[PDB]
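Drug present: amprenavir.
Chain lettering follows the listing: the opening sequence line is A, and each later line takes the next letter. Sequence positions for chain A are given in the PDB entry numbering; the residues included correspond to 1-99, in order. Throughout, chain B uses the PDB entry numbering, with the displayed residues spanning 1-99 in order. Recorded method for this deposit: X-ray crystallography, 2.2 Å. Just the heavy atoms: all of them, side chains too, but no hydrogens, waters or symmetry mates, feed the values below. Just follow the structure's listing: the first ligand is 1, and inside any ligand the first atom is 1.
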Protein chains: 2
Amino acid sequence: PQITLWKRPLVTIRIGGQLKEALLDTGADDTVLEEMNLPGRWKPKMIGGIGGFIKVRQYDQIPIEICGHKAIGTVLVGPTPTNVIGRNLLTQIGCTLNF
Amino acid sequence: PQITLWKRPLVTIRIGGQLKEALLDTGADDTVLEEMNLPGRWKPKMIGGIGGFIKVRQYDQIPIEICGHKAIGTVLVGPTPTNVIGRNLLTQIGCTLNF
Ligand SMILES: CC(C)CN(C[C@@H](O)[C@H](Cc1ccccc1)NC(=O)O[C@H]1CCOC1)S(=O)(=O)c1ccc(N)cc1
């Protein structure tokens, strides 16, 4: 599907039988989700945003469905103002910018 | 043009005779550029993201050239780690997301 940008590019994602809303963010290198419980061994990590660095929990090889498109990769969970799908998963579903 | 996301979507932008590298960011509602002395009246503002908030100066009606594409709109100037071209300007040059 082709998405215009007059509105926030929000999509419904499915992760762990749960349905959440997330923003397709080409400005984020990684995928960062709001606090939630994911299964598996996670490792502490720190990422930097526009306002500074935060601590997050890193989960590897996580299956996530983005508008019916399957991706399997790294997902960071922590204090983000909103769920964002970064380039690590966008590239998996073949997302590109056009103009 | 078609930009893939294997790497950061960096592009060349022209502002006030100055050419800079900026990120095409569908995740940014508004454009935010690193500190620079732009002429004109401006309004103080606080924007937040990962890590918290930063104070920026809002300028309106600023002419910008994104990869040879003419655009004119609001621009936020402050201590941002990275220059970001947001949806406000992305919609102007007809940029879309595809997959
Ligand atoms: C989705 C959230 C974070 C909100 N914004 C968009 C994001 O794309 C933002 C862009 C950015 C990249 C690198 C350094 C600094 C900023 N990336 C971000 O945090 O990347 C992290 C998450 C994983 O990988 C790296 S924002 O920058 O706060 C923002 C908010 C308001 C305006 N008006 C303009 C920009």
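- Ranked by contacts, the chain bound most extensively to amprenavir is, in UniProt, Protease.
- Other chains with one or more heavy atoms under 4.0 Å from any atom of amprenavir: A, B.
- In this structure, residues within 4.0 Å of amprenavir (heavy atoms) are A/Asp25, A/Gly27, A/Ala28, A/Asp29, A/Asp30, A/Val32, A/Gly48, A/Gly49, A/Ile50, A/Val84, B/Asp25, B/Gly27, B/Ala28, B/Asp30, B/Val32, B/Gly48, B/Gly49, B/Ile50, B/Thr82.
- The nearest heavy-atom contact from the protein to atom 13 (C) of amprenavir is B/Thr82 OG1, 3.5 Å.
- Among all protein heavy atoms, the one lying closest to atom 35 (C) of amprenavir is B/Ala28 CB, 3.6 Å.
- Scanning the protein heavy atoms around atom 32 (C) of amprenavir, the nearest turns out to be B/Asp30 O, 3.7 Å.
- Closest protein heavy atom to atom 7 (C) of amprenavir: A/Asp25 OD2, 3.2 Å.
- Set against the non-hydrogen atoms of A/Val84, the atoms of amprenavir under 4.0 Å away are 1 (C).
- Nearest protein heavy-atom contact of atom 5 (N) of amprenavir is B/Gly27 O, 3.8 Å.
- Protein heavy atom nearest atom 26 (S) of amprenavir, with residue, atom name and distance: A/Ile50 CG2, 4.2 Å.
- Considering backbone and side-chain N/O of A/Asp29, one or more are found under 3.5 Å from N/O of amprenavir.
- Ranking protein heavy atoms by distance to atom 21 (C) of amprenavir, first place goes to A/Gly48 O, 3.7 Å.
- Counting protein heavy atoms only, atom 31 (C) of amprenavir is closest to B/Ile47 CD1, 4.2 Å.
- For amprenavir and B/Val32, the ligand atoms under 4.0 Å from any heavy atom of the residue are 32 (C), 33 (N), 34 (C).
- Among all UniProt-designated active-site residues of chain A, the one at the smallest non-hydrogen distance from amprenavir, rounded to 1 Å, is A/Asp25, 3 Å.
- Note: chain A touches amprenavir mostly through UniProt domain Peptidase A2.
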